[PDB]
Novice: 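What we have here is alpelisib in complex with Phosphatidylinositol 4,5-bisphosphate 3-kinase catalytic subunit alpha isoform.
Chain letters follow the order of the sequence lines: the first is A, the second B, and so on. Note that chain A carries the PDB entry numbering, so the residues on display, from first to last, are 332-363, 367-386, 391-398, 423-430, 434-592. Numbering, chain B: per the PDB entry, residues 2-227, 244-313, 324-497, 525-863, 872-1061 in sequence. All values below come from the heavy atoms of this structure, side chains included, with hydrogens, waters and symmetry mates left out. Whatever order the structure lists them in is the order used to number ligands and atoms, beginning at 1. According to its header, this structure was worked out by X-ray crystallography, 2.2 Å.
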Amino acid sequence: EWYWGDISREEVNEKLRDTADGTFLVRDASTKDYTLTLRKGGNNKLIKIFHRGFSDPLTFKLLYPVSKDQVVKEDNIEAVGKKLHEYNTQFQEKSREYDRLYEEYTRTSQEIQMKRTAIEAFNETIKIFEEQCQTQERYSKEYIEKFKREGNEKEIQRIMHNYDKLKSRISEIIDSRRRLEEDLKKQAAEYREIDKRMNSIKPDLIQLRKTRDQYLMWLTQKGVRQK
Amino acid sequence: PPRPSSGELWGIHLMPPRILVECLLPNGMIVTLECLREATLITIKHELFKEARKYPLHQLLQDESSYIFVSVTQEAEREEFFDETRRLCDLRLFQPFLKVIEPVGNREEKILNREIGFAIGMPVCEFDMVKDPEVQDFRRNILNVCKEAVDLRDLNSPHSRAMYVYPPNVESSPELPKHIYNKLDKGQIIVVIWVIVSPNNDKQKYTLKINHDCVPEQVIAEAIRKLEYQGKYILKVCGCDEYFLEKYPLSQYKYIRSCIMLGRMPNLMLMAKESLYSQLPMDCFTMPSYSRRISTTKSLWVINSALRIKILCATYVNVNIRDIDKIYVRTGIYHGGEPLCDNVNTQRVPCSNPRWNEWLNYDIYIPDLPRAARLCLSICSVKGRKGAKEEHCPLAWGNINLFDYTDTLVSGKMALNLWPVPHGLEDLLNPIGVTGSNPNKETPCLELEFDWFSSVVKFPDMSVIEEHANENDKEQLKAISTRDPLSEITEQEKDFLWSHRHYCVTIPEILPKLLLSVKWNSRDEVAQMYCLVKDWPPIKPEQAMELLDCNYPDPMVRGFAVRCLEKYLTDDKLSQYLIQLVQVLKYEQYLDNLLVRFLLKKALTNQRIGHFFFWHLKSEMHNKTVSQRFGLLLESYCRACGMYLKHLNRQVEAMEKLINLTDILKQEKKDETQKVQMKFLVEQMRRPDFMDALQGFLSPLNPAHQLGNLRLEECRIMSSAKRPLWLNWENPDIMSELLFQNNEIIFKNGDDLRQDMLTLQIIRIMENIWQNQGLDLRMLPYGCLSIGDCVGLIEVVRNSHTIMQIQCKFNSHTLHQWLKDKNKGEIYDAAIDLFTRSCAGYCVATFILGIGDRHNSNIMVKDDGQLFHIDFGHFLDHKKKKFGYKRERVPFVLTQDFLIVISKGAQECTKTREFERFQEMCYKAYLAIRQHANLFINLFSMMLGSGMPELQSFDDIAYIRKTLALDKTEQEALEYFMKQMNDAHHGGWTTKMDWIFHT
Ligand SMILES: Cc1nc(NC(=O)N2CCC[C@H]2C(N)=O)sc1-c1ccnc(C(C)(C)C(F)(F)F)c1
């Protein structure tokens, strides 16, 4: 049965979402008498049914109809209510788990970006320090030659001591970069695992909400009506 | 890239008092120098060159003055430090090292590029790297806007310079609402004009009784009386940097309008024109180097074939192989949020092997593709484990423009880096999302192949497009034109609107509905729509704004909207809707468009606009979806804003110090007590680098507010979990005692303030509608500004306390007794009236918007009785997903405590004449917003791509359609509001007559 009563345009959109051409359902007008919604070219077409159909004189293709699958399979209100409580409990727990997973996903994605920027800064720093070695080498050669021929042993040792200081600093910066690259490699793997966990929880969270909402709708239907 | 943190070194928030700095001399020597953390580069350089004499090859060193330092910053940039007055702790160094070099290249250009890079949070040199010709074309072409604005600023100097820096803060119309004009004594205002008499700067008081519509010059003329003089002076608001430089009626100036309204005395200050004119620096713009560099066919309508796209492979996906069955590529061809044909999927393939090599054929003829056509795609997962039931979920999405910025149809091979799926988005495709590849290349990369037609295919020229090539209905068109932007439009109405398209011109405001009636997948209908748009009469700016949202992607349609804004949008309204106008830039297909040119021009011709334009763009620089676009835009703004760049850099650096200080408290010092944290706070704040940066700058909440010296004894870390900083500065204005002496701001690092910013803006717009209709419902839309990723500023409302604070100082009468004690005798009635009026405004606004539930800690009351809400946090149907109930909540339920105040302590509160009057205020406020429903729906629609989780689709906006009962009659809508109030308060809400709604 394609007739769906007092359901909103947004409820129809959810029911016609990603459906094939020809999918339809007739509902009460959003306040005006009945609205026919037809799926055509990836869009939901609204066709009014005037009463006094939609032609010039009211002489009172639609292939697949959205019918009113029973997700709820219980006899009484007590069993339905007990099941709604179970599904709502699982839903709130899974929603809280997903929120926690999303915060860790964001934190990991942000820290990955910080580490990537720091690696580029390490690369630029190492270059500068290597350029410094090269500068020391270009100048040192002519002066080392002179002090050796002159006989100043302590002076060549001073030039050598400073060059050793420069090389040990370069080695320390290189090792700091290597350690950062390792932490990034391990965090990039942690990210993929968090993305995987979230890709598994998302479909299950959506199905759980839909079932909860269905049991809520059943309880509303069976309970005392009018407002 | 942007700085990882706001720390003084990588992995170190603060440098210790003394630090070893590795200094790299130009002779190849390395000197380790122990430096004080706050030491300037001139000091460090002098200390280094003295020490360098004790090292070999010192003879190769030129004079100390011949060199500057260079180092790697936390942005991975090699920065040359030309400004040697800067402190070591403020250099944003990656590591404690400095390299000694001789200054080379264009010094002036390098200095300005550094200043721009600092303001924007990214080095400008990163833009020169970018290979995309659209990017390089934007950087060059936008400079015409920069040039146009700067010339227009120096055109009538110094008045035009004064009008730029200090624009008139005026209302959109000089017309006075009834209740406001009646507050005047026969259309006359009593104003106090102050004069700073030199040489001892004494304050002289002059009380003037003049007409409200008296232009500033006329106000001066009267001050003289109580010839030569009238023209040599200017008026300024006492206590702030707001000036009356334009010939507007005095009452049209917001400060004066607000003074009449509040029954307050306007305190103005008269000063000489030259005293301000001299202080204005002559702004100079210079053409950048990139504007002087050597850079680096068939029609669509003749291509006789249907649309087809090949999906090759994806590098990878992050899925648990045991949880998902298959993966596939979902695609769609969109014009805005509307598909132009049915979505097409590839075949399902294993999770471990993302390879399709499939041509997807689309139900669209290539010549029928509109100009704004886009390919929207995603990699989806499918889980089919229960019955025949399947769960489809997106893994990563990406969108591309089918035509580039030069009107070229996409061809050949293309690699697209996909984006993570936004939190809460369950739709398989993301058509509202930005276009282009993810700059992060460590993401799934989808390989695509577009068709080749033995040449370059170009969208037809406008001349080609203008090919021509061919009583009760009047009431129906008037009815359709008055409906809300999200109201249902039937196919019969679409056909009806398209049939009467030439007559639609008589009712110009029908254009948005007519554009949705067009078949965008037909070149015959679009060409006809284009001819109508060209000659379409201009619509109101508030109506034109709708044509800038994600539903109207057509460049001609968007072009029409911009022209209406250029001609009719006032600076007042542009400042009011700036948040929305910055956001709709994200929907633009290209970097260069008419909207970006219009906004940049306005930002560069009015500093009030420029200030918020800069901060709204800056606040999103962390977001990679808009980072490049906003960075390029901010660069062009900073290059031409003149002297304001220096004021903005002072705000940026003060904010960075606050981010760093709060990061320390929230990270390293998290487990320490409030007492220990407070000791660290006072000590750190007293350092010269902190005192220099946090004193003497402009408030980012209001640039007319000067932040002088800090009142450290009033600064504190608040008890909340995110460690908010309560800050207090002196107002250094010479007449601060007449406005406020203390400027108090809460700095919060940790919460997303974007939703609160939007709610506070909506509240301000509602209050303005109410005032302009004779409804004095006083709201308190306090200042709130997001300055970055979950970081922002909140304006403190002084002399206000939460309900809980009042109660803890109880029974249902405590609140009323408290107000009685604060407002004794003859001022009591005014307090009750203000509480009642403010209650009514908050009751209606919160019900319409569906904000987070009110309680004693998020409701505040001022000493004078003004009630207001704080911490909005949530809005719209935020409880729908969580509990699945279909209801419109009443977040602000007026409990007995509120009813006792309104009724002045009466036994039966709801039976009073006070409550009847309160109800009437609510009813009138509600209907006034309902009448302006289009504006609010449009404001929310312009925010859909903002990334706020509670505003993701047009279906989220549907909530306001329900609270405003837009599908019902005005009478039914009022009955609905009353029923909602009666259900929430358990009766008490009445009206006059049920059948016709006549008293
Ligand atoms: C507009 C405003 N005005 C205030 N004023 C006072 O708190 N006062 C003013 C008097 C003393 C003090 C008090 N009541 O104790 S608090 C406030 C406010 C607005 C919005 N959010 C907040 C917080 C605390 C949730 C945030 F975001 F900062 F963390 C505060």
Novice: Which other chains are in heavy-atom contact (under 4.0 Å) with alpelisib (ligand 1)?
Specialist: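 Heavy-atom contacts come from B.
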Novice: By chain and residue number, what forms the binding site of alpelisib (ligand 1) with heavy atoms closer than 4.0 Å?
Specialist: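 Residues with a heavy atom in range: B/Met772, B/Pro778, B/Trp780, B/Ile800, B/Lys802, B/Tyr836, B/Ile848, B/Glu849, B/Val850, B/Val851, B/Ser854, B/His855, B/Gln859, B/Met922, B/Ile932.
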Novice: Please state which protein non-hydrogen atom is closest to atom 20 (C) of alpelisib (ligand 1) and give its distance, to 0.1 Å?
Specialist: B/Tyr836 OH, 3.5 Å
Novice: Within a distance under 4.0 Å of any heavy atom of B/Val851, pick out the atoms of alpelisib (ligand 1) and give their elements.
Specialist: 1 (C), 2 (C), 3 (N), 4 (C), 5 (N), 9 (C)
Novice: How far is atom 15 (O) of alpelisib (ligand 1) from its nearest protein heavy atom, and which residue and atom is that?
Specialist: B/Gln859 NE2, 2.9 Å
Novice: Please indicate, with yes or no, if any protein heavy atom is found under 4.0 Å from atom 23 (C) of alpelisib (ligand 1)?
Specialist: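 No, no protein heavy atom sits under 4.0 Å from atom 23 (C) of alpelisib (ligand 1).
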Novice: Examine B/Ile800 against alpelisib (ligand 1) and note whether any of their N/O atoms are separated by less than 3.5 Å.
Specialist: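 There is no such contact.
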Novice: Judging by distance only, is a nitrogen or oxygen of B/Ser854 under 3.5 angstrom from one on alpelisib (ligand 1)?
Specialist: yes
Novice: Out of all atoms in alpelisib (ligand 1), which are within 4.0 Å of some heavy atom of B/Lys802? Include the element for each.
Specialist: 26 (C), 27 (F), 29 (F)
Novice: Determine, using UniProt annotations, which domain of chain B has most residues touching alpelisib (ligand 1).
Specialist: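 For alpelisib (ligand 1), the UniProt domain is PI3K/PI4K catalytic.
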Novice: Polar contacts were defined as any N/O atom of the residue lying under 3.5 Å from an N/O atom of the ligand; does this apply to B/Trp780 and alpelisib (ligand 1)?
Specialist: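 So alpelisib (ligand 1) has no N or O lying under 3.5 Å from an N or O of B/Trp780.
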Novice: Looking at atom 1 (C) of alpelisib (ligand 1), what's its closest protein heavy atom, distance included?
Specialist: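 The closest heavy atom on the protein side is B/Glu849 O, 3.3 Å.
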